[PDB]
Each structure stands twice: as structure tokens, then as C-alpha cells.
2 protein chains.
Amino acid sequence: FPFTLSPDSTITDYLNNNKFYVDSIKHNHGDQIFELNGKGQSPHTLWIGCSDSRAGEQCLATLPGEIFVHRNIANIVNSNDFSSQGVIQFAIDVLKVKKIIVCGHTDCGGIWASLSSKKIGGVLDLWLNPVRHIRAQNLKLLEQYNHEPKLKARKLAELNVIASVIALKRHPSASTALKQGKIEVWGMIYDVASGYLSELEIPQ
Amino acid sequence: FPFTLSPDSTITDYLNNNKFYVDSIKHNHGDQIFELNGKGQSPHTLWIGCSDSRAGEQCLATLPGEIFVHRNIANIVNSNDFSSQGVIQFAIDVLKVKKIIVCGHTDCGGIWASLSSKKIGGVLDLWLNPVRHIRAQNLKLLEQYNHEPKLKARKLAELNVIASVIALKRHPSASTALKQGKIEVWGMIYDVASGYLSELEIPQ
Ligand SMILES: CC(=O)Nc1nnc(S(N)(=O)=O)s1
Ligand SMILES: CC(=O)Nc1nnc(S(N)(=O)=O)s1
Ligand SMILES: [Zn+2]
Ligand SMILES: [Zn+2]
């Protein structure tokens, strides 16, 4: 009801809110935006975030052709995952992006699951292992957040974003581009209960 | 630049765009949306589309908390990829999504890249192999359209979307959920030069 679509929504329902979209841009910006999207893309930023339906890059309200997006569970950058590492290769080599964002978010069930032992099944257990490694690397800290669980999940969330950062900093194309200074990289948290973005201090 | 941001944009410019984004949803919907998001997420759709800066789910004009998203290069579903297969497991088994969408698009360079004889390099060459294997699998058809490559790409991008759809139906959860009729799956194309979506027939 409050959301724009519903599970009962018919195919044409979806296409209607698409017809809107098209209409909305053609009013605020005319045909210029779509003439450029058809010619080519020159995005200034690549977004690496979690697949959560609330933490999408929509939180930056951008026109198409501006943000290169990659989204998976728990916004993890695994060096041994050809999906992410391949995106980085293209974002830097060909498009020459000028800013890379990796964004976790509050209420990331992928984090709350990592703090649990209850096996999940299928690939998720293995896919979430890189965060479990953080849970162990920083328990001496995390154990203190016992009676305050919400703060526990937030801290591990930030650490996961920090880990995903250092992982992307070690990518050859990213490493070669930083030392030259032609790229910036930021870490951020999307607060799901407020819509605001918070930058994360990144250690060296 | 008619775009909202610019490659020279500072960090402060990104926050303002976010602050804006927050203002719109509150103005038009109050604190309601971010109060629901703050509690949890119950999206109705799984979006699996290319990562292109122009083919993002924003072409549905949806609010946060509606679309569980995953995006990679060329919108490919390979049963040997942890990230994607893990998203499919979570979307159907837990979130109990009602409809899934696989969306290629036009001018998808990953398709055009698979239409050249030279290698790309890095980890990208072997990420695109599923597409190249489809170009080979259907050259009887790709043997036409050589008159105009634009039409050829439109067909391969199509075929790629299709293939990704059946591979998705091969997921255990997906196979189980579809047989029970507890879920739908659609295949679409996002025409980048006009912003309209186009449904694609998906055979058996
Ligand atoms: C097993 C697992 O990953 N659990 C999930 N819970 N929430 C998720 S989210 N915020 O990435 O959509 S994933
Ligand atoms: C040129 C190449 O190697 N492929 C890419 N071209 N477009 C891509 S996109 N639209 O999926 O981001 S990837
Ligand atoms: Zn998450
Ligand atoms: Zn593409």
C-alpha cells in the first residue's frame, strides 16, 4: 500500500511505473539525458554495496549513466570471486572512474547471521565466511558488545566495509591507480532507519 | 554536465545528494518509509540485471525496501558463481520473493565485447565465457544480421538474458518454488536510448 508496487502487481503494473520513470526524466531534463545514455556511458563513480532492497545506490538520487553498481550479499569484496574482481577491472581500466564507494548498511542480516552459529545452508555459509573471519579476528573487541547486540552488528558491519576496502586496495588495477593518484575510494554506511549516509574513517 | 554529480565533485556534493534523497521520500511519504525500512525488509521482486550505470533498477521508480537487487557484468547467471547463486537462494528461500526479473540492455558492451575476436584481458575474458559460448551455440542465427551489427547485438543480449533465466530456474530453490507455483520469473530488456523496458518471451 505505502510502497509503489505490490506482490499482486501485474506485469503492466511494473511497466506503468516504468512509463512514469521515462516520463519523469523527460520533464526535468528533456531528451538530453537519454540521447547521452544511448551514445555511451562515462560514469564518475562505481558503487559496491549490499543487495538489500533498502541499501541500493538510489540513496544518492542519481541520473542513469553516472553510477556503476555492483551488489551482492553483505557487500563483500572477495579477491577469489570473479564477479567482484571483474567489475573492478572494468571500472578502472576502461571507464576510468574517479571515485569508488563500498557501502555497508545497518540491519544487514548477512552480518547478524555471521554473529550466529546456526548454519544457513547451500552457498551462503561459504559466501559469508570472509565476515566470519573478521568476527574471529576482532572478537576480543566484539565480545564486549554482548548485552548491546545492535551496536555489535553495527561494528561488525563497519569492519566488513573496512575489510572490503583493503581488499579492493590490493587489486592490481586499483593499486596501480592509487599510487598514481587518479582515483579516490570511500567507505560508507547507509542507515536504513533514516536514509542518511555516514562516511567511515579508513585505516592505512 | 546535465548529470547531478561530476567527476570533479567533492565528497560534500555526494552527501547533499543523499540529504536530498532523504528529503523527497519524507516529503511525499513522511517518516513512514524509513520507519518501515528501519524495522526490516520485505521486497516483492528480485532484480538481476547488468551493472551498467544506465541499466539500474531505478528505471522502475521504486522506493527503498522493494527490490532485492544483484548486478554484474552482462547480467549472467552461472551455477558456478557464489555471489549470484547465493542471492537466488536467499531471495526465494527466505524473503519469499513473488517475482524475479532478469534484464539485459542495449549497448551492453559486454555483449559487443563478446562479438570481437580479440581478448579483453584480466579476469574479464573468462567471466564472459558463458556469453561467448552462447554466441557459438546460436551462430546459425547470429549468422544473420551481419548486415547491421546493431541488430546482431540486440539478439545476443536477448539470448544472454534468456540463458541466464533458465540457469536461474536450475537453482534447487527456484526449481522447487516454481513447481509449487509460489513465484514468477520474467525476462526483459532495458532500451537504454529510450528508458523503456521490453518484456522477452522465455521458452521451456
Ligand atoms: C544468509 C544471509 O546472507 N543472510 C541475509 N540476511 N540479510 C541479508 S541482506 N541484508 O544482504 O539482504 S543476507
Ligand atoms: C568492453 C567490455 O569488455 N565489456 C564491457 N562493456 N560494457 C560493459 S557493462 N555495460 O556491462 O558495464 S562491460
Ligand atoms: Zn545486507
Ligand atoms: Zn552491460
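Every chain is numbered from 1 and lettered A, B, ... according to where its sequence line falls, protein lines coming before strand lines. Read the numbers this way: they start at 1 and go in the same order the structure lists the ligands and their atoms. As a basis for the values below, the full set of heavy atoms in this structure was taken, side chains included, without hydrogen atoms, waters or symmetry mates.
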Visitor: State which drug is located at ligand 2.
Guide: acetazolamide
Visitor: I'm curious which chain is the main partner for acetazolamide (ligand 2) in this model - what does the PDB entry call it?
Guide: Carbonic anhydrase
Visitor: Write down the other chains that contact acetazolamide (ligand 2) with heavy atoms under 4.0 Å.
Guide: A, B
Visitor: Okay, for chain B, which organism does the deposit list?
Guide: Candida parapsilosis
Visitor: List the other ligands and ions under 4.0 Å from acetazolamide (ligand 2).
Guide: ligand 4 (zinc ion)
Visitor: Can you list, by chain and number, the residues with heavy atoms within 4.0 Å of acetazolamide (ligand 2)?
Guide: A:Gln41, A:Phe68, A:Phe90, B:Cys50, B:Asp52, B:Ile73, B:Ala74, B:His105, B:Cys108, B:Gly109, B:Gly110, B:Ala113
